[PDB]
Structure formats: structure tokens, C-alpha cells
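Notes follow the structure.
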Amino acid sequence: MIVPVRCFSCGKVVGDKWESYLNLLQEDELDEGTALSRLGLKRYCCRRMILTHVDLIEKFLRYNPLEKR
Amino acid sequence: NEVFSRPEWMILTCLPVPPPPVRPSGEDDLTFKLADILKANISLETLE
Amino acid sequence: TXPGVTXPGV
Amino acid sequence: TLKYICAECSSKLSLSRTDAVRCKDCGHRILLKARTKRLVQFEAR
Amino acid sequence: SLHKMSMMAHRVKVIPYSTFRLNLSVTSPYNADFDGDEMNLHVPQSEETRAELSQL
Amino acid sequence: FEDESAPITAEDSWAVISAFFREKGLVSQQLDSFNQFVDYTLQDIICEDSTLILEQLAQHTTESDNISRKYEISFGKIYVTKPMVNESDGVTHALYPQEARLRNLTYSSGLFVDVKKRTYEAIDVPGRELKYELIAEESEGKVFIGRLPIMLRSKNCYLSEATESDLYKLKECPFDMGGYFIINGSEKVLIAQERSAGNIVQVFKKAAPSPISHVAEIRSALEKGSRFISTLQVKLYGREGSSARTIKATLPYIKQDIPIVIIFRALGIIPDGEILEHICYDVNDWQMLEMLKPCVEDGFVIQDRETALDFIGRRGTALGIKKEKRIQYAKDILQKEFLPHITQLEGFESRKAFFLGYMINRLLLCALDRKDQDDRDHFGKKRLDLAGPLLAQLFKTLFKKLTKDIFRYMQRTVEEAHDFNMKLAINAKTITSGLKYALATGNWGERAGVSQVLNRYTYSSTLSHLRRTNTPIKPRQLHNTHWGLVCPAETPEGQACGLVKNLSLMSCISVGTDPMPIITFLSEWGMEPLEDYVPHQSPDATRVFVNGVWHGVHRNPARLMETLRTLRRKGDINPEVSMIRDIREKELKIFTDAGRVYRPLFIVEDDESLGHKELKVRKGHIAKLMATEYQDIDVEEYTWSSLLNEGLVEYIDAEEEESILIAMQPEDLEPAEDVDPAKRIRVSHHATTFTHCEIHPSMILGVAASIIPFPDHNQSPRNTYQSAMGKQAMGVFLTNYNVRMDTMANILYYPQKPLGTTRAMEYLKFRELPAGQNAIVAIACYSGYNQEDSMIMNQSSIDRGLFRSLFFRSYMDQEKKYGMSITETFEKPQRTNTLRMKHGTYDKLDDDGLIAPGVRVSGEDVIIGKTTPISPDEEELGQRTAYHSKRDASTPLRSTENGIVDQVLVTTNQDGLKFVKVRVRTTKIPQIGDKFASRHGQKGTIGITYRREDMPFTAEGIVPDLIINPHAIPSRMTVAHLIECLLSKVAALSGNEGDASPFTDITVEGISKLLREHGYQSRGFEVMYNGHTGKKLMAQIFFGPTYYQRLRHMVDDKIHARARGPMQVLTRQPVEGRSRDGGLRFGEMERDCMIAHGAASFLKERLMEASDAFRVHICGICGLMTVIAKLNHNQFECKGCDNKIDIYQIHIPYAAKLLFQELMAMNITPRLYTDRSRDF
Amino acid sequence: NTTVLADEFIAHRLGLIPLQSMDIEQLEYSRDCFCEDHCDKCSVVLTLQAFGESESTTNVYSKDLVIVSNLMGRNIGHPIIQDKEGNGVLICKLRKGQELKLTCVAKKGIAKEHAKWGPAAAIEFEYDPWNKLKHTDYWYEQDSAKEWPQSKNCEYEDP
Amino acid sequence: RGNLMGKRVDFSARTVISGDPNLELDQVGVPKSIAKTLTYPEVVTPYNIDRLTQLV
DNA sequence: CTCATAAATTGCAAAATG
RNA sequence: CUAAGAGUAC
DNA sequence: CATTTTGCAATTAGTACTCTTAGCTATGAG
Ligand SMILES: [Mg+2]
Ligand SMILES: [Zn+2]
Ligand SMILES: [Zn+2]
Ligand SMILES: [Zn+2]
Ligand SMILES: [Zn+2]
């Protein structure tokens, strides 16, 4: 849905490393592993936390809001 | 048996009617069947 | 018989 | 009266008991009740 | 409950969670795993049934 | 690449698959069948018959009015509109699916038909033939005959041409695939019903005791006719030891099994030689002639066609025809009831005689041990009725009903000479209600379970449901013909095992085409007409069958098959048409009807340039497909239809799949002939005669089994368990779940795409809508709390958001008009003037009777306040006055459940009465008892939860999210679980994604080497430390990420206890089910176990005190319960016996009292006596 | 809350936000405090107020969390920022016109009561890298020394 | 067979089962809710007046 | 305008004859 | 409330 | 005195959960 704040196993705060990850993947044309290493995710728990996340919220944000002010 | 079951009692002439406890109520299916039986009995009686 | 338990017979 | 929202317009309306449920702006027939004003408590866990 | 051993008198130990808890050995007579199995609990309502349940 | 015509690799074929799924989609069969039904089959149903003629004779007492009239009603073209809804105010407007679902409407489009009322008159002169002429009143005028429900995304649906932005605008999920109906706001899907194919001759060996040894039958049916089934059977009486073997046929509407020779002479074939030629094709085949001699020796009594027809008419069961006209009647039986699929006209007696001879030939070939009996389970012998044919036959019956009603009304109004009107004639309610009922309830009539509530628990669950096939009832066995058409391992574990199947990923169902063009092609290309076919002069002739109708013979079937293949490969013939050439039997079979299940395959040609067999698809077509896909993600577009049009790919069904050879993979089977020991052993088959190529073997799996990582590294029952268990997996079923008011929804907080992912799961949008999470699993006998499939879930991992979920539940409530002015009203019931107010608190309702979103609700709390008017001015119960004119009809929350009210939706139903849907959202956090399972059938509950410190930890401080017992691995042999854990570890470390497709060249050795390159033990073991003492574990623990699903089976929805509560009204026993606070069953064998334990008093307590103890009175004179008791007055009296002191009371179950009462009501006296009249 | 995320979903995300706790010993547990629900001596009140006034998605981070209660000079309450961009944890996203107003009471807590209070993350712990104490029996196929990679700590002890 | 040989009974519970190596063979773990629902009638006796009074 | 009716077990008594 | 049906757990 | 022959339906693992639909349709007459 949206990037989890903390890695489930260890607890490293990885909710602030999603937009940086996407910018690395897009602007710097880095592959996934090098970007994960760059962000500081050395344990494969955090690496699977950030690597396999699916950003469903974009989909949810396409629909017009039910309550619009 | 002389007392409990004679052969002539195998032919029905007075049908027992179970109470509504047996057929609680829209009505139960036994209620409708008894209604149909009574309707047929009244039809035959009037024709006679 | 019946069926079940034709007839008899048939 | 109590507030509702058009399912399409997202417009807010106030409806009484005798009012027929429609959106005054667009005429859609689906309305959703508004969020309550009383505070709600969530445990952040 | 294919046999008498699949229905046995146990002693209640109250626990603070939402599942029946039984020893691993006593699963063999019941043919019970823990992959979603459900089990039934009957409580006697008299001293006589309680007593013969505990003693037989 | 550089070479345009170079051969493709195994990776290239995926591009092809992509192109396929760009054009078809996952539910293409549903939409295709419904589009066929709307576009062509409705008009066929309307035009066939439906011309009501009523010929009112003159009935002229005097010659003044000697005029005979004839009123005829004809139905012309049928117009189907876009879906629209009526209203209480009568305003009709366009209806969208995410309005029908919310308003409990039906996404139905009105049907109209052009009615032409003609009237003819004739002069009624006796003797002179009547000549009817028009009166120039040729009035014609569309009329509304009902509403056809429209399946979503179909060609007549508003979402057919919607783009992604348009779908988002209309509150429609782009991931939603359609192919289902909306009936009363519920998504209903039509399960593909499996049946035996029509117009196919099947021969079966019978048992020894039966006098018939072999039975040859056809379930004949014509599609463009009455669609009535006549089961012609040809049976071979007499066993092998019997010398009198007479073959007898079972004609419809015939009381006896007429011998075949009688039928042959009746059709017009008198001489014995002609009959035997029509049945047997070889003069040297003296065995068949010897077996057939009893038939001709039996029929020698008849030597004339009129004699045989008279014999049949004598055996005719109508018994209402004179002797001279029996012939004619027999003709009718032999023209319109005998093999309708051939023809319904006259002058084709030779064709039906040929078909009868062919059936007898098949029966003899099966009886002469020259061929095996037909397999009943062969999937090419089965047809799947999709939404198309099912709705077609249902609408056929329903429109027959409507037109019969029209004729009855016309006859009534012409006999009574009242005015005639079209509106007063047509009853649109007939068609509308019939369709709506047959779709709302599974029963398909006026079969069961044809229409089912669409499963929306998970996206893969929805897909598998939309591609589900049901077989009415050794059909349970996975047949060989199921290869690539249904999933090899996807079927329920229970009584439905094998009967319920799921389609393969690329498998499609034909929709049916008109077979006239193929007949024209055959006739042009030299098909010898069947009328002048003399087998003696053309012995080595190949018989051509079209849809089971033997149409002729050909002398050069090779060229005919080649040109038919070319025409199908160039698009001239619809590719769904299946063509089969059985060389040994010398038969050619063409099938074009609907229901056939086929799959696509690459085409392999001789390719003289390379000198060896090669795929017809090369790198140029792959490059064009890649270019088209990239353009979608300027060049000429290249889609799957382009491959189908230039002969690049083909559609082959199980009928054609019998006469082909398929290469499993191109890179290893096409080219003509130090190896890696870690790779699995494969064979070359030492043969080069391939005709087609599998696009990919991983396409044999279904939607649910395409999620399994390394399914070829698992025991097959585990794959079946995972296929049936991923439909229970929890994920995101649709992206627009926030705007759907479904009954139950469960959503993962953080669905993660698998680290070990398959190539076939990015066509299922699994990576877009994942249904599980990657949990760090350790396989260890850690604490003994994970024994016997229990698991130890990391409590600290749960706290941080693992498998946490949202749960939405919606309560629907309408106001119904009890009368003209007895309308219900949603309101807050007041204790002053309301009756039967539930014990739950009403304090959470405001004036309009609905809880505003945000307010917490607990168990039994009222969320919907509804009251209905009643008759006032009654006094009883102590506090009932005339003021209590409102009876409570509220709907409280579930007793066990609770949560935050998400939303409430108010709208107007079809009648215009306001109704509401209250959706309540709560959080399901995993706890001790929830069921979790890997993608390999490793189901299990949470035995216990340990915090992070207590879990074993590696040298890097990583603690597992899950601990599973080692003992689940050896017995269950889920090696794929281990391999996917290793692959997920490698993928998470290296940042790539694990390619866990089934039949790839991925080895455990390669994964281990990659893991060793990353600084870890190659086999996934990690030195771990005990969390209680920190000491190293003497054994190293298998450790790594693994994909787990949270299943719908939580302990919170299964715990259930009942000391006392509501009882059953009939038997005075506890009610059934936890939803009613019911009582648990103390079944028969539980009683038997308590008997074996010897505890009699406990058994009596179970069956009397705990369930039903009823004190009933009897008398010692007659043991019946006819004792009137007045307990307060202390008077017992059995009428008839004239006794008042000879009474006893007994304690028997109320069920026993009711049984005795039903026995007495059925003239049986169970007299109960309290003393022994006999010794033991 | 007019967003697409559930209320308790956002509450869950907020609970996982790390907060500065340098002087947490100066705070008191709310359970053994004399106030009714929460006071200044035992809690920190934050308020997240966001609006979707931009035509593109607007990201509600943890940097927008503003402390309401007067911290009385302590060094608690502040969300911890680590990245170079300066925006904290991505709490939520807003389409145009969406609004999200909420308030948070923050107590002191240990990782036992809930893992969201865990300040520890992963703690590497190792002893005797050369297995001289024989506290492990190394699983192996051909040779335990070769198949088991030497730890980085093996350089700090004599083989 | 549906109401006499086997019938639905009160004073019974049913739920999921989990293993517990720290329970005796004859012991069964009972959830606190199920214990709070299923009940036993204990006759008031001079020997159990105090504890049943405290339970009341 | 609204209520009333259209697999595998079993368990044989005939009917015919020479 | 009853009945029918469908899916599902072991 | 000795065979002999024939036609088919009812009853057949336990519990346990959830949800969906429907309850004589249309026509006459007071
Ligand atoms: Mg089990
Ligand atoms: Zn981590
Ligand atoms: Zn509006
Ligand atoms: Zn008496
Ligand atoms: Zn305080």
C-alpha cells in the first residue's frame, strides 16, 4: 500500500528511504542492489522490506476523493 | 394381538391430528396436508 | 419388489 | 439537520427526515453520511 | 472421534489466549494436528458425571 | 537480433505470451461467450419459430360471412440497448456498474423487438382450396419484452471502451477484469458447466450379467433447431458365448428395441447387400459379416419398405394412427425424431441410413476387440457451456414461455372479440424475472450452482473463480487430456476434488461459428457427396465429419487437410475451428460449435534453409511484438491476432491434440544431436517429427498454481493444497475497495511482491496486487511450541506491521412497504413507543437511524435503527399500550465483532424506498491461532509469539519473523519451500528478483554459489544464538526470507462456547451454528465413545439435562401420553381410560416425546409402561 | 481524514515514527502519573495537519509533525531525521483536495510493551569466531572450514 | 438419528487447538473466554461456602 | 382495487412349456 | 423464522 | 419331471464455518 516505516524483523526505519530509492532507480539508473546498498540497507531483512514493496497508494490516489473540500 | 393390534385397525377410519407442537407455524407442511385431507373429506361427505 | 424392495412382477 | 455527501459531486448537503435523498447539484441518488464531529481515539500501536 | 481414546477426560488449565492447548503426546490418540484443527469441550453438570468422568 | 529469421530462444516465447495476454485478457472466454450470445444467438432464438399464427375459420352458418381470417404475429430484429434503470418517479437514465452494485440494482439492458401484426382473409368455399390475402393493414414498432442482464466489460457494457483514466473516473478498478453479472447489487459469475459433447458416437462395454455386451450411443442435438435431446442407442445383445447376437436400436418414442435391419429397410434400403454395404465397408472383413448375419436372418421376415414402416408403426407407442397411415407416422419418427442433428426435412433418408450404418460399424469395431471403448473422461469429448450457451438455452425456454402466453392471450381476445393491444399482450416481467431469478439463485431453470457469488477475497481468487468449471455428477481423476486446458493441481480437497476444475492460463473456449462456409469449402475442394457414396467403388475413402454430422467422403484427405490448415492459418477460417485427421480410422473431423477448450501453440515447419525442424516464429516477430509492447508502455502495431493471421501460432484443442506431437521446449527439442550435474535430468526423445511447440510448459498451470514458486520442486498434493489455499490468501482484491460496499473484505496492510517470483505472475498482476508478505523464516525445533504444524511468529515483527490487516463488513437494510401506506421508517427507536427493541444500546444512533462514520461500535450495539407500523390499541405483557405502534426491526452489530464504522451509504432501491449499507472497518492483527501458509501447502497456526529478544539471532542480529518446525519438511517433502527460501535470501541480498518459475534452468547449486558470493553459508544455514542465554546453538539453523500468506481462518471467528442460550422451536434443542449462539453437536459416535468408556450417567446427562429434558405424563392402563395434567389444581386424568389415580410422570427428551407424538399421529401406539410384564 | 488510508493504518504508521529521547529519564510513565489522562510531565502532544492543495501528490512526512505541549526544556518529542533531503518518514500521501488533521499523545515506552518503542534495531552479537570453545557443531558436506565463511572477527583472534 | 441418537447439547465449546510442551498429559488449556462461558453448578456446602461466596 | 383458485445389496411371483 | 443452494475448515 | 426367465430404486465419514435467495403468478369479481 505504502512503504512501511520500519523493517519487520530488525526495526530499521526504512519509511524515509523510498523516495530516495525511486530517485536512485530513475535519475541515476542504478540497479536495485546498488541503490539498496547506497541507502544503507546492509541486512537482507531491510533489503527485502524496501525491494519488494508495492506502491499501491498511487492507484488509490487516481480515484477522485469521496470527500473533497 | 387381541388387545394392542388387531388386523382391522390397519384400515384408517378416524385419523389422529397431532397438536400444533408437532407442526409449529406461514403454516407447517403437516398443517397444509391436514387441511387438504379435511378438504377432501368434506368434498366426499357433501357428495355422499 | 418395487422397485425397490419391478412388482412383483415386472 | 444531519449532513450527507453526494457520491459523485462530493458536495455536502443537510437532509431532514422528509427530504428525498438526491444531490441538489447533480441529481445522483447515492449519498454517504458525513464524518462525526466527536473525537475518535485510536491506539497508535 | 473414531474410538474411545479420541474422547478423554482432561483437567482444566485456564490460559490467557484464544485456543485450546493440549500436550503433544495426547495428540496421538486424538489424531490432532495444529494446522487449523478444532476440538470440542464438554463440561459435566453434576458431581456424579464429573466423578465417573475423572475415574473412567 | 541482427538476423531477422534467426530461431528464437526459450526466453523469447514469453514475449509471445505477453502479446497474447495483451489481446485476450484473463477472462476473455466469459466476454467472448456473452458477446456471441448478445450479437447473434438472441436473434437466432427470436427468428426460430416465434411466428404465432391463429387461423380463425369462418364457422359460417350462412354463406354471408363465409370468410376465414388468420391473425399472425411475427418478431423481426431485436434491439439491445445500453444498460438503464427505471425509477420510482419513472425517470430512466443510463446505469453504470458502480451504481448498480451500490443501489442493489441489476446491470441490465432492456430488450426490444419489432412486432409485425399481419392479418389474412380468405373466402371459405367448401372444396375450393383456401387462398389467403392481406387486408393492407400491415402495421409494424419496437416493444419492450424484458431486460437482459449485461456482464461487465462486454461489448454492450459502458466499460468496454473505457480507458484507464475513464475507469478511474467511473470508480471502476482498472485491475478489475469483468466477465460477471450484477444481480441485485451482487457480483454473480456463471461457472463453466461441463457436459458430454453432442453428435458424437460413444461405444461402451457393459457388464457380463447384462444381456447387452456393448452399447453404442449418440446424444444427438441440432443447434439451429428445437434443441431437443434424443438419445439413439445401438446395443449388442448376447454374450461372447451366446450364438444368437442380434443388434437392436432404441429409437425415440418406440416401446421396443427395433432390430437395425428393420430400420434400414424402413428408410428405403431393402436388399441385404445394400444394407451390409451401408454398415460394413470391407468385403474381406468376413468377421463383421459373420457377426452381422443374425440381424439380416432376423429381418428376413420383412422384404419391403412399406412392411418395415408398418412394423415400426405397429410398435409405435402413440397408438393413435390407422393401419394405412402408420407408414406416414413412422416416416415422421424417422424424419424429425431419429437423429435430428442430421436434418429435419425429407428426402435425406439415405444420409440417416449412412449414419446408422456408421454407428453400427463403430459398435461392431468396439465389440470385435478392434478398438478400445471410448474414454468417458476424455476432455475433448466434453464441452464447457459458458455464460453464452447457458443464457441462450435459458432465454430459449423463457421466450418460449412468453410467446406461448402471447398466443394464449391472442386466442382469448379473438374468441371473446375484445380489443387487441401489444402492451396488454407482452409481459416483460416474464423474461426479466426469469433471468434475474436464474442468475440470482444457482438453479438454472424455471441444475444448481450455475451462478455463484463472485469470490472477492483475493485477486487470484477472483481470477480462479472467473475461470472455474464445474462438472455435474471416474471423473475425479486428473485425465491426460487435461494437459494445458485445466490446471493439473487446482481442485478442492473435499467432495468436489476433481469435479471442480480451473482453466489453464492460455486455455480458451470456442464461441461457435456458422459451419456453412466450411461445408462450401469442402464441396469446392472435392468432397464427394454422401448421397452417391458407394463404398465398394471407393473403399479407401476418408470420411469427413462437421460438428458430428457425417457430410461426405474424400479420396485425397491429405491435400484437403493441408488447404484447410492453410485457410485457417491465413484467417479465412475462424481459428477456433478444430480439424482432426485420424489416419488409421481414415476419418476427418471438423468441430466449430461452442464449448470446445483449446490452447495456443507455436507452429513448426520443415524450414529447408536450415535443413531441420524449426518454429515458424523467429526473432523478427519477437522484435515486432517487443516494439508494440514498448509503444504501449511510431511503428506498425503487431498483436496476437497478427501471429494468428500469418500462421505463426495455432489453436489446438484436446480433439486435435490427439493427432499432434508437441515439443516441450524449442531450444532443446528442435536441434538435432561435460554437463552440469546440478541440472535435472531431461530426455531428448530421439525423434524429429514435431508438429507444434509448447509456448511455455509453465502455462499448463492454472491461475492459482502459477503463483507457486518452484512447483516442480514440490509434492503434487502440496501444490494442490497451495492452489486451494491461495484463494483463501489475504491481499488486495481490487484497488477500488474503498468505493465498494461488499459483505466481507480483508486487506493486508503491506502486501509485498514475492522475492521469489514467477514469469507467469506478472500477467496475473500478482506483483501489482500481492497476497502475502516476505517473512524471515527460520526452520528450527526452537522451543517445542512449533510442533505439529504450529508456528512461532515473531511478536516484535507483528508489532511493526507484519500481516496486519483491515477487515470491512457491510450490513444492508431496506425499508419495505407492508401496504399502500405502511412504509417502514429508518429512525432511532424510543423505549416509550417501540416494541421488541434489542438489548443492545441505541445510544450510538442519531435521529436518522444510522451511525455516522468514525463512531466505534461494540458487540450487539445497534447500527441500523428500523421500525415498522403495527395495529394499535392492544393491551398485554404489562407495558403494551396503544402508544406502541412501532415494532423494532433493527439490525445490530455481530455479537463477537467490533470496530470503527467506516461508512454508511443511503440510496433508493428499484421501488424508490430508501435503504442503507453500513460498512464497519476493524483491524485483524495476527495472534495465537491464526492460520498462515507458505506457497507450498505449509499451512499452520501460530503456536506462540516471542518478542525479538527471545528469538534466535544470527551474528548480524537478524531475528526470524517466523519459526517453523523441521518435521514439516521430511514427511511433506516441500523441497520447494527450502529452495524458495534460499532464492529469496539471494534475491534480497543481491537486490535482484528470484526467478522462481517452475521449469527454468535454475539450480540449487547456482543459488548456493550466489549466496556464498554474498558472504553467507552456501546452503542457507546460519550460526544462531539462543535468545534466552545467548549461547551458540549446537546446530546451525536454516534461515532466510520466505513468502507467506495470512489465510481467512482466524481463531477470533471460530472460538465458540455455549452454557445456555436460545433453543430450537420444534425439538426444544439448542440451535445450530455459532452465528446463533448455537450448541455443539453430541453426535452418534460421540455417544458411542461415551458408551465404550462405560460412563452411563454422563451420557444420560449429555442427552437429557444438557439438551432437552421433558417431563410428560402417562397412565398405567394405556401407555400413551394422553394424560391431561392440571399441576396447580393437582388433577391428572387420561380420558377414555376413566382413571385419575393410575398416572405416572416420566422424564424423556422432548425429541422423544415429539417422536412418539408423530408415531401416534401415524396410527402407531408407543405405549410406555413402568413395570415388567415379562421376565428377562 | 479524507485520504485513502485507514485511520488506524495512519495511527500504526505514526506509532512507528522514532522520536528523540535523549532526556527520557526526566519524563514519567503515564500509568504512574497523577493527571487524569495525560499531562506535560508524562507525555508529548504532537499534531499532524495536512491538506492536499497541490494538483500533484503531496507527501505528508514526519517533518510536519509539530510538538504542541511545552517540553519544559527537555530534548524529547522531536522526530528523528536521518536522510539528506530533510523530509522524515513518508507517513501518507494526498491527492488534490484531500485533508488529514489529527493529534498524537506520546508516552514513554519500552520495546517489550510494543516494538514501536524499540530503539535497538539489529544488534550483532558474536563470540569465539574460530569455534575454539566447540559450542557449535558445524554442518558440512565435505569440509566445515571451507564451506563456512570466516567472520570478520576471525582477524581479532589467533587461529 | 438427528435428535435422539445424537443431539445438540449445551455446556460445550469448540475452538482451534495448539500444542503446549509445558502442559501435563492430562491437562488441557482452556481459553479464559470459554471458561467464562461454560459453567458448572456447584452445590453450596459448608466446606465450599467461602470460595463460592467469593466467586459470587 | 385486492382476495381466492388453477458400489452393491436386495427383494421373487408369476407364466409358460413340453 | 424455515427451506433450498453455493463455497469452505479439519 | 424339469427347468427357466425376468425386470431397478433406497442407502450408504463425522463435525464445523460463511454467504445468498425465497417464499402458488395471473385473472376473475364484488
Ligand atoms: Mg490437521
Ligand atoms: Zn531490517
Ligand atoms: Zn452530485
Ligand atoms: Zn390411558
Ligand atoms: Zn501526567
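The chains referred to below are lettered A, B, ... by the order of the sequence lines, with proteins before strands, and numbering in each begins at 1. Excerpt of entry shown; contacts counted in excerpt. Modified residues are listed as parent or X, with no contacts credited to their extra atoms. Note: hydrogens, waters and symmetry copies are ignored here, and every other heavy atom, side chains too, is used.
- Of lanreotide, etelcalcetide, taltirelin, actinomycin D, pasireotide, only one is at chain C: actinomycin D.
- Against actinomycin D, the chain with more heavy-atom contacts than any other is given by the PDB entry as TS(template strand).
- By chain letter, those with a heavy atom nearer than 4.5 Å to actinomycin D are I, K.
- According to the deposit, the name of DNA chain I is NTS(non-template strand).
- For chain C, the entry uses the name Actinomycin D.
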